[PDB]
Visitor: 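Sharing a structure below in structure tokens format, with a few things to ask.
By convention in this document, chain letters (A, B, ...) are assigned in the order of the sequence lines, proteins followed by strands, and residues within each chain are numbered from 1. Just so it is clear, the values below take in all heavy atoms, side chains as well, and ignore hydrogens, waters and symmetry mates. Atoms within a ligand are numbered from 1 in the order they appear, just like the ligands themselves.
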Amino acid sequence: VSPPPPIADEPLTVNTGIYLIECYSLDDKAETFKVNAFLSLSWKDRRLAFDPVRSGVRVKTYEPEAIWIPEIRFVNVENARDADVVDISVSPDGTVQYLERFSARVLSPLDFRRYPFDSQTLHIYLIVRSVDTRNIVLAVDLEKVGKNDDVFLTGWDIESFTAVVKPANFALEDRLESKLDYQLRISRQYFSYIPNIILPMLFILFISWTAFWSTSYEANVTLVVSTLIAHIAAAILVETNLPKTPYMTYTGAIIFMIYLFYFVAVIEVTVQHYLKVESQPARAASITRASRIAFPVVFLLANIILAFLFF
Amino acid sequence: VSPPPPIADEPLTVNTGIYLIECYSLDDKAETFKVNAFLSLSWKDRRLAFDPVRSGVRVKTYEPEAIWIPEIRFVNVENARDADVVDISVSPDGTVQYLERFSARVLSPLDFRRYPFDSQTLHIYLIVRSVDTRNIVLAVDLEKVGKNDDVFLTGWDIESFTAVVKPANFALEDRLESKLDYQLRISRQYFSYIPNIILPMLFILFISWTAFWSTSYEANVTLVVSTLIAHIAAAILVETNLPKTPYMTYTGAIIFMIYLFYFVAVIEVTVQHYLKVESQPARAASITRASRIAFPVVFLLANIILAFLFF
Amino acid sequence: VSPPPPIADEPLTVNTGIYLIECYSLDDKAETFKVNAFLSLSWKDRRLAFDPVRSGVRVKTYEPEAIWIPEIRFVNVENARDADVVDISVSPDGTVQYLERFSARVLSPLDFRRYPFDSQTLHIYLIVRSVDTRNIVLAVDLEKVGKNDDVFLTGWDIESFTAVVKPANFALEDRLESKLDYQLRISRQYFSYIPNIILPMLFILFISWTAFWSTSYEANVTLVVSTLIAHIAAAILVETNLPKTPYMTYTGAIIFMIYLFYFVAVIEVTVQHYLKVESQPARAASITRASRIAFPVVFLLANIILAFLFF
Amino acid sequence: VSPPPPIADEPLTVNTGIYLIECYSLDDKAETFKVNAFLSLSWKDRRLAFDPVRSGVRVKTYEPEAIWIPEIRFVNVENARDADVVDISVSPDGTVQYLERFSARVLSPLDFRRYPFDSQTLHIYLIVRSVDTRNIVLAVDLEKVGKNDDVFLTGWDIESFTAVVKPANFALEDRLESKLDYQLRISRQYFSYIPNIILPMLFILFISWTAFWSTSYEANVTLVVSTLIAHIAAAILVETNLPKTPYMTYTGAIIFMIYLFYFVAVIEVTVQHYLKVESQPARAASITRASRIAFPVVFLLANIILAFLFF
Amino acid sequence: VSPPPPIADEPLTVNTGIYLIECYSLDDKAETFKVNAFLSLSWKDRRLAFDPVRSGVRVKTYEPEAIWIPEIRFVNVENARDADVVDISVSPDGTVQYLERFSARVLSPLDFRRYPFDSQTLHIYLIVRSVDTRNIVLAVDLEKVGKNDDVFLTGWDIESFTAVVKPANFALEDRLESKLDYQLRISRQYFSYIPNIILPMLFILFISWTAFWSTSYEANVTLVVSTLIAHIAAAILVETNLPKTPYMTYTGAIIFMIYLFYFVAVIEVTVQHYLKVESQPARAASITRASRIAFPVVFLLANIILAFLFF
Ligand SMILES: CC(C)c1cccc(C(C)C)c1O
Ligand SMILES: CC(C)c1cccc(C(C)C)c1O
Ligand SMILES: CC(C)c1cccc(C(C)C)c1O
Ligand SMILES: CC(C)c1cccc(C(C)C)c1O
Ligand SMILES: CC(C)c1cccc(C(C)C)c1O
Ligand SMILES: [Cl-]
Ligand SMILES: [Cl-]
Ligand SMILES: [Cl-]
Ligand SMILES: [Cl-]
Ligand SMILES: [Cl-]
Ligand code: NA
Ligand code: NA
Ligand code: NA
Ligand code: NA
Ligand code: NA
Ligand code: NA
Ligand code: NA
């Protein structure tokens with residue numbers, strides 16, 4: 001079966017629509033998500049047109065094998081989608097109405113710059129390659145773009161699922177290729193990050209600053225070193241659930257900054273002890289007393305600067 | 001093939017049933033479970049009618065390809081079910097009795113609010129989409145809904161497997177959809193959490209409170225810090241076997257609360273030492289003596305408050 | 001093709017056999033194992049009978065598609081087996097001899113009560129569903145049940161592979177089902193657990209008891225706490241390679257008991273120090289001296305009691 | 001269908017091209033990467049030639065089954081490529097223009113010698129085996145070799161995707177094989193390694209060197225031992241994300257060198273204490289004072305030597 | 001299609017050959033490896049013989065479906081191989097020359113006794129089952145057994161790939177089976193284990209022995225305990241990348257031995273302190289002085305004994 005011939009020299013408009021049934025497995029490291037949805041396609045094939053009076057039927061149903069069907073592919077998929085044709089309906093004028101249900105692992109990159117307070121725009125790119133006979137062009141039927149209310153992405157809030165109505169038409173290997181951009185806007189559920197990593201990470205840091213109320217070098221060493229080991233554990237746990245970014249992230253910045261605070265506390269603890277042994281604890285006292293205000297004030301201001309730069 | 005034609009204007013009732021053979025792999029992080037079960041379907045196709053006098057047989061057998069079979073799909077599956085048609089039997093009136101055995105990764109969300117003392121209601125949604133010729137409607141044959149006695153879901157107790165007999169009939173992309181809700185009620189076996197996670201977590205917390213019977217700042221720092229690190233390990237181990245919830249969980253609350261208890265013990269240990277050095281151990285003694293009763297009493301009451309809020 | 005018709009009203013006996021080629025991947029958490037084996041089936045279809053003098057041939061070979069073959073399934077498999085028909089041979093009387101080679105992920109539960117000194121009975125359940133024409137019943141041909149000598153299950157000793165000759169015949173969805181139980185008896189190779197997990201766990205416990213020969217509260221705190229953190233690592237390592245059991249296991253008991261020993265040592269270390277500070281080291285000495293005998297004696301007796309209860 | 005016959009006994013030149021759609025999953029340990037791309041093939045089959053004036057058509061489209069298609073196979077793939085024929089076009093002369101879209105897990109080794117400041121050359125090898133009728137030879141059509149702008153490999157910069165135009169023709173099992181080398185040049189984005197692994201690893205090393213300003217053996221033991229445990233965690237974290245190389249890597253060197261610095265600091269801390277106890281702290285002072293300059297200077301020079309050897 | 005009939009009563013000799021293309025993923029815990037290779041088969045079928053004069057052709061090419069092809073299987077594979085027939089050529093005398101390219105997960109056990117200085121012999125077993133018509137026997141065509149030069153097994157050196165020319169002919173389920181043994185000899189690249197696991201493990205042990213030059217019980221406890229924890233981390237990192245063996249391994253022995261050295265050092269540290277407190281440091285001094293020579297000497301001799309027993 002060949003593509004429907006043009007009346008004049010017009011391209012064949014294939015109207016598309018994606019209706020999300022299930023959205024799942026959003027992998028941050030892999031920058032992938034899984035989607036189970038309906039794909040609807042509609043085009044006019046005049047060869048399939050009929051008289052409802054003569055045929056007695058208002059709609060004719062066909063098996064895929066029986067008629068010409070446009071080769072639609074997804075651009076950003078790991079492997080080609082698992083599809084099951086649900087229905088093919090031909091109206092009397094020849095307007096084919098194709099519907100299939102598919103599942104695909106979509107590969108769409110994420111911007112971790114504001115993590116875990118980030119929002120994302122996931123993309124699903126539909127594509128058709130023109131044939132020799134005639135050029136195929138994609139269109140969006142907004143009445144057939146959606147998601148069911150129950151669609152739930154674990155750990156994310158689904159804001160919108162819309163399509164960019166104007167396709168990106170371009171040459172690829174001397175043939176036209178009509179590309180459509182379906183956008184799924186999601187925003188991260190940061191609630192858990194607060195009681196789970198943020199607050200515990202801050203408490204173990206504040207526990208380290210109790211060394212500013214102690215003269216016991218042995219206890220201070222223990223305090224600042226032990227908490228630094230706890231911070232290493234947090235920093236490992238955080239970074240292992242994120243991909244290696246060529247840009248600095250908000251969480252990355254915070255984690256790095258905290259390492260400097262530990263390093264500078266070790267230096268303070270060291271200086272204080274050196275002076276006490278040198279029989280000059282008056283200098284050590286003034287240094288320690290300053291640190292009690294300095295460390296929190298600088299930490300607080302540095303965070304204000306950081307949050308400001310990132311948001 | 002086309003769907004069986006209506007005698008009058010009635011929809012085609014497809015009677016369904018699911019009989020669970022093996023229900024396994026319930027993944028808490030993924031909020032998915034695997035199921036291997038029988039799917040039974042029964043509908044009338046008068047076209048298939050026969051005389052057993054002429055045909056010789058009292059029941060006719062068919063290959064799926066040979067007759068019209070309703071396109072039944074699962075709503076909440078990762079990928080389309082792996083099915084194997086077990087049997088297709090047509091009685092003289094044209095009543096079809098279809099049976100297949102399938103396997104599926106069902107994606108049904110869990111409520112972790114009372115974890116590990118939570119119960120769940122897993123869902124398996126059956127759906128049929130109406131055709132142009134006639135409307136298809138799902139029904140439940142309760143004689144064909146069940147589970148074998150041996151069905152075991154590791155670390156869960158299977159309470160019931162029932163179906164919500166009245167289907168959810170609704171429009172979707174200008175066609176009728178008949179949706180059935182199969183409910184598998186399970187409850188978590190929390191036994192292991194007690195000797196494994198709970199009691200060890202409580203002993204290492206009580207071990208830290210022995211610092212209320214010591215004056216050695218160096219030993220107290222060691223005690224409270226070391227046990228804090230043990231609790232960091234605990235919390236990570238617990239937290240990595242749960243998904244990131246936008247709501248606070250019972251275990252999450254307990255774990256968070258325990259972090260405050262360590263932070264407040266570090267403060268007590270710090271205050272006690274400061275006073276000892278300040279040559280006023282009478283204040284330090286009274287503060288420490290209070291802490292011995294305070295810490296357990298407050299911990300016990302806080303837990304009573306927490307358990308109350310969550311159950 | 002319909003099933004072979006009965007001479008009288010007898011059921012069709014399908015003789016079965018499983019000959020294990022490879023046994024691998026016994027996952028303890030998942031309570032699954034992978035199997036690669038031959039499945040042999042034999043039944044009499046008189047329609048296929050021939051004269052060996054007239055046909056010249058002793059045996060006729062058929063393609064599966066050509067003749068009626070009973071739909072045999074495995075009950076306890078994750079997904080349906082990957083089979084390849086090796087041979088179909090028909091004798092003059094009409095005795096069909098079918099042979100296929102298959103692979104499957106069997107889901108058979110384990111009893112962790114005596115782990116790592118446990119033995120298991122893995123099950124492979126064969127099942128046939130009766131048809132409307134006639135009832136199919138399974139049988140065991142013991143001459144076709146076995147395993148090759150080289151079958152090796154890593155970290156397990158294969159004792160026997162036998163079949164329970166009497167099938168479990170029962171009604172399921174108003175049709176007869178004939179179920180056969182194939183039992184693979186294995187016993188765990190516990191050797192490695194001794195130099196790997198057991199002895200190191202016991203040494204780090206005995207290391208903590210050296211605090212009974214020390215008066216240094218700071219050194220005892222260090223000793224008992226450090227060894228406790230090592231035990232936490234041991235316990236996590238052990239329990240992450242086991243599923244969550246609703247029953248107490250031998251290893252689980254030992255691990256929990258050891259936790260108590262650390263808690264009670266912390267108490268001893270605390271009491272000894274309190275008394276030393278209270279200027280009464282005579283009581284502290286007698287308490288410590290007792291602990292030196294008490295701790296090992298109690299540990300040894302508690303283990304005798306435990307081993308007795310579990311074996 | 002047999003291969004096209006030669007006019008004069010020349011080999012059949014199959015012109016090839018690979019246009020990368022998506023690059024993903026570069027696994028360093030596995031030395032594998034995944035690709036989704038277009039594969040274009042073009043050859044002359046005179047049997048397929050037609051008249052364009054008489055036939056009215058300038059191009060004829062065929063189903064793969066209809067014509068002879070050269071068996072093109074990737075050398076370095078885990079399993080054979082998933083492919084979907086996009087189009088087959090025949091020009092009047094009989095020039096076939098085949099296009100398929102495929103996915104493959106390519107196995108191309110990496111050189112970890114300069115990690116994480118390394119660049120790589122990934123390979124995709126195309127191969128054709130000659131037939132008895134005639135020899136098939138591969139060629140590169142540079143106008144059909146490329147990648148889309150959006151191709152992104154997470155944590156890697158894509159430099160170029162080119163082909164080595166001259167095929168490696170050789171005998172294999174008494175038949176000619178024509179092999180083509182497609183090269184994808186990538187370079188690691190090392191940015192993240194600096195705030196994440198490098199700077200933290202250097203700070204915990206510098207923290208250990210504060211023991212050169214302390215006389216407290218107990219505090220020095222704590223300092224050097226604790227920071228050493230931190231380095232063990234770092235080194236384990238780094239080494240588990242790399243394969244076992246028979247050559248020394250840049251990071252491997254750095255990590256190993258750092259272990260010696262900790263061993264030599266333990267020795268210094270030990271010597272200093274021995275002398276202090278031996279009532280000769282003048283020697284201990286001079287040894288410690290030297291170490292303060294020695295340790296950083298030697299560390300800095302050793303790194304200059306190392307970086308020089310590796311780059 | 002039936003098997004070729006015998007001229008006399010001779011068995012049908014199927015000549016085989018395996019030429020390795022890519023050898024990857026050798027999993028130590030699983031005792032498996034992946035292989036991608038050519039499988040060549042050749043047998044005489046006189047029914048296929050032809051006159052090269054009357055046919056004009058010197059070789060006839062067939063589709064698998066067209067002719068009889070022996071059912072060749074691999075014994076030790078997880079699931080049946082993924083094959084693609086490359087070519088089927090019939091010479092005038094009727095000699096079929098079949099060639100396919102396949103991929104398989106071969107399950108061949110490893111001997112970890114000398115790990116990481118071990119060598120292995122991986123096996124690939126080819127098998128054919130005899131039919132009632134005639135008994136099929138495998139043979140090795142040494143000209144068709146090999147590997148390409150580029151075959152690389154990450155972290156292993158490929159020594160040889162040979163076949164044991166004499167097949168193991170035996171009865172299995174009342175039919176003969178002809179089994180061939182293909183042996184791939186590999187040896188582990190132990191280089192990395194030295195800077196990575198061995199030297200760091202030895203240095204953290206030597207760091208513990210500095211407690212023989214200290215009188216500070218608190219510092220010795222810290223030293224011997226901290227290092228013991230580092231050895232636990234090592235011992236896990238090692239053992240988790242190895243399967244549970246019923247035999248003692250070289251690395252297992254070394255690791256176990258080192259645990260005794262830590263236990264005995266804790267005992268020494270304990271005894272030394274007890275005596276110091278007992279106001280008899282002359283005994284403590286002589287015990288400590290002995291330990292300084294004893295510990296390394298015994299460690300060195302124990303290793304010589306161990307290496308001797310294992311190599
Ligand atoms: C589960 C949660 C509270 C948690 C446990 C342990 C450690 C950390 C980091 C913050 C150090 C953490 O996120
Ligand atoms: C997760 C479970 C197996 C576990 C093991 C050992 C100790 C703990 C405490 C410290 C939380 C624990 O939670
Ligand atoms: C490899 C082996 C000796 C090992 C190392 C570290 C800890 C454990 C036990 C204590 C769980 C262990 O099994
Ligand atoms: C360097 C090494 C010790 C390390 C520990 C913990 C966390 C990180 C990053 C996230 C800072 C890290 O790379
Ligand atoms: C002691 C040994 C098992 C070990 C510990 C930490 C780091 C490494 C390498 C990466 C140096 C290592 O293999
Ligand atoms: Cl697609
Ligand atoms: Cl489906
Ligand atoms: Cl099955
Ligand atoms: Cl391929
Ligand atoms: Cl096979
Ligand atoms: Na079509
Ligand atoms: Na059908
Ligand atoms: Na300490
Ligand atoms: Na059949
Ligand atoms: Na073809
Ligand atoms: Na084809
Ligand atoms: Na064949």
Visitor: Tell me the drug found at ligand 3.
Guide: propofol
Visitor: Determine the main partner chain of propofol (ligand 3) by heavy-atom contacts under 4.5 Å and name it as in UniProt.
Guide: Proton-gated ion channel
Visitor: Could you give me the letters of the other chains with a heavy atom under 4.0 Å from propofol (ligand 3)? Thanks!
Guide: C, E
Visitor: Okay, using a heavy-atom cut-off of 4.0 Å, which transmembrane segments of chain C touch propofol (ligand 3)? I'm counting from the N terminus per UniProt.
Guide: 1, 2
Visitor: Using a strict cut-off of 4.0 Å, what other ligands or ions are found near propofol (ligand 3)?
Guide: none
Visitor: Working on a figure here: which residues of other chains come under 4.0 Å of propofol (ligand 3) (heavy-atom distance)?
Guide: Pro195(C), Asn196(C), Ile197(C), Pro200(C), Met201(C), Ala234(C), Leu237(C), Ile232(E), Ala235(E), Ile236(E), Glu239(E), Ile255(E), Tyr259(E)
